[PDB]
Protein chains: 2
Amino acid sequence: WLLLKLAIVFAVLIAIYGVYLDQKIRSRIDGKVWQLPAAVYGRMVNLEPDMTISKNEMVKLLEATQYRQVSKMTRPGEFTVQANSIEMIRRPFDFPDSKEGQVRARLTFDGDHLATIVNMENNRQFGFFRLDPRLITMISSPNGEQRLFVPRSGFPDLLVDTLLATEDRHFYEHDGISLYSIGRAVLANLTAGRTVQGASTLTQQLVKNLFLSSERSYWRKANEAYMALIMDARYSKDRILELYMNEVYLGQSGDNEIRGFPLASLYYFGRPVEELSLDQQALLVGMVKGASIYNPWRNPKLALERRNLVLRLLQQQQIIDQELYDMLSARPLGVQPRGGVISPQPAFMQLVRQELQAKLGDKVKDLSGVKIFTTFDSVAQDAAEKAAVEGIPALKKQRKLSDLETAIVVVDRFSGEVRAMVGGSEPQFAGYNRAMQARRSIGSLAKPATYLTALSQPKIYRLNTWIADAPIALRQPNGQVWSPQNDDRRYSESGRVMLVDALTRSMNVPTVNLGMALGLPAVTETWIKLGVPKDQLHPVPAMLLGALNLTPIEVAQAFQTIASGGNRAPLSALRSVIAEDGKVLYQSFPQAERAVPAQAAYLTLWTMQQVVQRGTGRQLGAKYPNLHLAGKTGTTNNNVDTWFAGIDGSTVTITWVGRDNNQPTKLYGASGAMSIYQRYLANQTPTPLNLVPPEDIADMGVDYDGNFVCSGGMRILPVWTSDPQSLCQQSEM
Amino acid sequence: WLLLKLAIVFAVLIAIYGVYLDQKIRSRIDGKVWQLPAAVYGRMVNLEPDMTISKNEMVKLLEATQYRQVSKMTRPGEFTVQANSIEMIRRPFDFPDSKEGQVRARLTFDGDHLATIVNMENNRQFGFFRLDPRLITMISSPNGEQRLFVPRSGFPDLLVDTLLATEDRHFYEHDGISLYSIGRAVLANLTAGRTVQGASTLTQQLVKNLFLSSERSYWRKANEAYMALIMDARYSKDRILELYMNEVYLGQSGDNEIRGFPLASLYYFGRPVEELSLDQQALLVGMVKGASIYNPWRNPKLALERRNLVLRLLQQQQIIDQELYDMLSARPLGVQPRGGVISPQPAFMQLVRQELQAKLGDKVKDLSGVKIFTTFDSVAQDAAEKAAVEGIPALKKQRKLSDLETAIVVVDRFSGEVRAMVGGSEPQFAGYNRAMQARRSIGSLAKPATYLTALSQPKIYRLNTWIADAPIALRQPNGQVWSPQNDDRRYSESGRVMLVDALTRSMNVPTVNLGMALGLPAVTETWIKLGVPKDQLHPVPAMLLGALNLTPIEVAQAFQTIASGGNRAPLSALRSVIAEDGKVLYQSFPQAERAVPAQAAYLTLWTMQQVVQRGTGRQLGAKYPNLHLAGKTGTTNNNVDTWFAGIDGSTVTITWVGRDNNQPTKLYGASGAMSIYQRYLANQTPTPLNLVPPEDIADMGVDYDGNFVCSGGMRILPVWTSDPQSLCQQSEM
Ligand SMILES: *C(=O)[C@@H](NC(=O)/C(=N\OC(C)(C)C(=O)O)c1csc(N)n1)[C@H](C)NS(=O)(=O)O
Ligand SMILES: *C(=O)[C@@H](NC(=O)/C(=N\OC(C)(C)C(=O)O)c1csc(N)n1)[C@H](C)NS(=O)(=O)O
């Protein structure tokens, strides 16, 4: 003719263009679809019968782990409260130790301990019950696209319907050949074009997002149609919407694109997609059309009407009715955290990233769908953050200041595992992390090292050992004379104090005489074993009183070493690093090292309970007498810094209060740091400190003179002896 | 399947795209293909037996009309020269009066006249033989494309072959479907592309030039191919190359695109395409590929090799052989005018355009293929141009000057038809046309008006009338006294001069006395009838001597009025304006008006032959005594201007010489203008002036006293009398 000969030649190369398209769609799908960023999780708590935890403590623990209080549990991630129990649906979690599904459980309490954890489905007791970890954040992926991969089955059939009720019928590929005829006929041609009117199948919307550019292609829709004919031909409808539901752009976080319903549900609502309500699903689905302008942060009015349109669109099709309509529209969209949620826990994340580098180097950022399990505690953090946010403006007002900063570090007493980190007064927005970057003179926090060095010598130094408290003059290597004074510029009437009272009252003059008698090399060695940085130790008499500049985290290591009964446990934020296939890339293990004798650490801890009960920290002791806290105070010269090292039955807490410019704070007696700690304790349930005396510890009596007696005596002090017959040697006088 | 269903849908709209293309190709072709600019032609000379023209004059006339001297006439537009004849092939020309073809004719001479014009094909005498006009220029078309439409038959079969030997086989449409397979296979694909290698049929090259843009369309060649399938399907191969041969870009003229072989042949060679030689055809054809870089003006080396490649390409195919090859390559390309040929005859063209406006207004520029027939003379122009180009540097050297300008105007003595116009010393490049724009004091060129006013009164003023030549003092309307002097500051011994000698010697004092006796209103009226602009006449005594500022063209009208025997014929450059269909848009006709009596003009002309023979212009008279030229001289005060008005048997020539800044030229006695005229006469064949005395003219004798005598007398002067018996009335004394 011949429009066929050449018109047939058109058919040939467009079908081979189609086999250039199929051969390239496979390359994407058959393997790496996206670079899935790392998942960062908090601690995984194991509930156990007889555990020292109360009903009120557990509610706060559950709430802190994304659990919602209800009256009728219908969903996973919910809990009810009774007079003596908690009923919960422990959500399914891919636990490293063993994968688990939903568990309907009852936690029966008998104050202040958990008695039983019973499965409500079989009436059987659990030897131990696992709590799922809370997702802290995602480590930013380079191409700026954030996703949390959830398989097809993770998506509830309802959200699947809510989606189809807005964008499909799903009998597709060919993709609505008749839609193109109406879609282009409605507008009555004429160039365009407005409205088209959303002439796109789910398989057309997928190919667009996954494979094609933003716009300028009227050629694209037809090129996308060509791809939406290949995809639904070789991939089942189940895979189409598995890929689709993880790709869809749903929001923004500065320079990071929030995409896919799984990460979106947590981002806007704080729940994994499986736990979403219908009003929540409808909004999320409705956002798809335009994710940026349907922002419940920026313009709720618009989003509050869209969600409501999806509510009204769903009732039009089969599923719902106005009995559940009128109320669903009334329910406010959010359920909105109200925070920008740009960078969660920045201070604690610096430690995580630093530790990730030290343990795996570079060849870890190469991998996809990585799972990072941290030591992070949600309860301890919230309490520390609150103490900072509330305590700082309170102190600024009382003392009257224009600026004031803080730093809190909470570590496991025994394991060294970091539970909480506060880098400033505004922890929600941080760039300077004072917990790891603020190097400061520790002041009187340097005192226990000297007493721990002395008490490590049980045949020479004991708690009843008399120390001179009289004027000092120390000739130094310039000729200048060092004359240290006690905070009050006074000396003891008798010219002497006992070791026990010298540390209880943080006495300067008796600490120098003790330190100088032991010698600086000896005290310098204790500091090394406690775990402080080697390059910060300058062995001059001044260091016995605080001429030692450390960060709160470095201080936390030193006090952990002593709080654990003499075992130095290197501080850490990493519990494990797991690949998507389940390969254990990194696994932490106990590496605690015996630093100082058990008995020497016990006598220091016992004396530290005395500072809190009757000495420098007595104001705290009187507020919480039943906790028997072991602590130590710090106030540097010219009120530059206030410090507090507090030990409960479970944690070591280092609180620092000072100004970024190193200026006076008008606060003394560790008043700043001690009242921030006071709030931290008031904001949660601290563990009472019950000291287990190690072997060779004997409570001995002394007379007013400080000499051991057989029976009686006016004062009882613990002593490191296998044979308390030091009494006889003393009594024989 | 279904790549056919939709692959068949592709066939449908591309064929209807083809019926959108056919419906739009017709719109262009079926009527106005281009806006064909106006054709401007010189005079059409009619050769006639007994005509006062010599063999040498005719050779120069033929050469000036694009005729070539040869030894063996083989082509139209050629001529041979014998001892007593000229043999020529008068080219075919579309004459307004009657269309004509080639005529092989012999012009037999019998010095100084043409005796016979015989047709060499039938041995028959012509009553009159038409000479074809020379193309001066083309009036610029707005879209900047210049073309001269020649039909299919106007193109010789050889140039047609020379073209096919370079760009075709011509069995086309489909257009070399196999060329696309080789053209794209030779380069071995890979994007491009170099060389393609000229994969284009003549029908593809046409559609490209006529319908499509410059580049960026790999889509264009296929779109052009689609058009090259439609054109050769509905238009015969004869029409294809009729359109093609008028479209092809062949050269540039500043901002005007020279396109099509007809206008190109004249542009580079100076001959209509039918008259081209094979080396000429080959070059022109070869230029097509690239017309700009194959420029015989800019880079001959390149063009001298291309033409030679076309010579070598033609021998490869059938037609030629090296016997006519080696020589054809040796022949230098041009045959090149060597002029930029931007704007031919700019000075004379201003008059044409001015006259075109006055006669047809605006609704003439709307029309296409217009033919303008002018009064322009090639022989007179070349002679005038040469006199200017040679005379001016000659005068600059002799007198020693840094600047000097000129202006020459040549008009038909009887009809007023403008034959030549020079606007400056450099006529080849002009923007200021001094012939129509230089308003100057005419000086002594104002003298004949007064004598013509006096001689118009035959009973009062005659040639023998005595005029006083004595000191003058004229009281004027400020109180100041006008005392004019003769050029030499002397007066006649007798205190008197005769009318005849007063004008012969351009005497100032006797011209004032005569003018004042006639009165200024009378002399002012002669000036009106002569045809000078009414607003330039300021009736004060000073105007009798040259206080009258005119342009050389205005001066040409005044002297034409007197040279024609008293008939004012309004000056013109337009003979006719004809449409392409042959519609006479404008036709000029004789409109001569009786201004002054025949006898008064005769006596002024006779006296003007005396100035040339024995008076002010005697230097010219002695060089050409047999021409009996009637003339008048002019030198303004402070040698600002030199003028000369010269009359031969056929023309009035106004020559002006002066400086643009109105400064001294050191030239007197009309030396500048008179020697430019001298050269103009030496550069051609002037017509001897033979005055036919009108009715009532009688040659009468006068004695030394200036009184009419019966017989004898020492001086014979023509007199306006029906009865020479004024002699008796005089003799009776
Ligand atoms: C302990 O922190 C202790 N303070 C000091 O030893 C320091 N300064 O205190 C003096 C008396 C110099 C003061 O001017 O207030 C000190 C050591 S290092 C450094 N930069 N300053 C206090 C008194 N004990 S506490 O219990 O009050 O905190
Ligand atoms: C004629 O052209 C005539 N010249 C004059 O009349 C003029 N000037 O001549 C004088 C004597 C003033 C001079 O200084 O040279 C004249 C008239 S109008 C004007 N601007 N100047 C001459 C002398 N006759 S001719 O035959 O030589 O040309």
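Chain letters follow the order of the sequence lines: the first is A, the second B, and so on. Chain A is numbered as in the PDB entry; shown residues: 67-799, in order. Residue numbering in chain B adheres to the PDB entry, whereby the residues present occupy positions 67-799 in order. The header says X-ray crystallography, 2.4 Å. All values below were derived from every heavy atom in this structure, side-chain atoms included, with hydrogens, water molecules and symmetry-related copies excluded. Ligands are counted one by one from 1 in listed order, and the atoms in each one are counted from 1 as well.
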*What is ligand 2 bound to in this structure, taking the chain with the most contacts and naming it as in UniProt?*
Penicillin-binding protein 1B
*ligand 2 drug*: aztreonam (open form)
*Note the other chains with a heavy atom under 4.0 Å from aztreonam (open form, ligand 2), by letter.*
B
*What is the residue-level binding site of aztreonam (open form, ligand 2) with heavy atoms closer than 4.0 Å?*
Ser507(B), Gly509(B), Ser510(B), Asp553(B), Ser572(B), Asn574(B), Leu611(B), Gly612(B), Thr682(B), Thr699(B), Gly700(B), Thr701(B), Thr702(B), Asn703(B), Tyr734(B), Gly735(B)
_Where aztreonam (open form, ligand 2) meets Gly700(B) - atom numbers and elements under 4.0 angstrom, heavy-atom basis_ = 2 (O), 28 (O)
_Mind telling me the covalent anchor of aztreonam (open form, ligand 2), residue and atom, or none?_
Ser510(B) OG
*Those atoms of aztreonam (open form, ligand 2) less than 4.0 Å from some heavy atom in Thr682(B)*: 26 (O)
*In the protein, which heavy atom is nearest to atom 5 (C) of aztreonam (open form, ligand 2), and how far is it?*
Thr701(B) O, 3.6 Å
*Show which atoms of aztreonam (open form, ligand 2) fall inside a sub-4.0 Å distance from at least one heavy-atom site of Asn574(B).*
6 (O)
*Going by the atom numbers of aztreonam (open form, ligand 2), which of them fall below 4.0 Å from some non-hydrogen atom of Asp553(B)?*
23 (C)
_Hey, which of the UniProt active-site residues in chain B is closest to aztreonam (open form, ligand 2)? Heavy-atom distance to 1 Å would be great too._
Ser510(B), 1 Å
*Considering only heavy atoms of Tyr734(B), which atoms of aztreonam (open form, ligand 2) have at least one such atom less than 4.0 Å away?*
27 (O)
Give every pair made of an N or O atom of aztreonam (open form, ligand 2) and a protein N or O atom lying under 3.5 Å apart, one pair per line with both atom names and the distance to 0.1 Å, or write 'none'.
from, atom 1, to, atom 2, distance (Å)
aztreonam (open form, ligand 2), 2 (O), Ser510(B), N, 2.9
aztreonam (open form, ligand 2), 2 (O), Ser510(B), OG, 2.3
aztreonam (open form, ligand 2), 2 (O), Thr701(B), N, 3.0
aztreonam (open form, ligand 2), 2 (O), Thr701(B), O, 3.2
aztreonam (open form, ligand 2), 4 (N), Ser510(B), OG, 3.4
aztreonam (open form, ligand 2), 4 (N), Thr701(B), O, 2.8
aztreonam (open form, ligand 2), 14 (O), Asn703(B), ND2, 3.4
aztreonam (open form, ligand 2), 20 (N), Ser507(B), OG, 3.4
aztreonam (open form, ligand 2), 21 (N), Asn703(B), N, 2.7
aztreonam (open form, ligand 2), 24 (N), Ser510(B), OG, 3.3
aztreonam (open form, ligand 2), 26 (O), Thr699(B), OG1, 2.8
aztreonam (open form, ligand 2), 28 (O), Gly700(B), N, 3.3
aztreonam (open form, ligand 2), 28 (O), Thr701(B), N, 3.3
aztreonam (open form, ligand 2), 28 (O), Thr701(B), OG1, 3.3

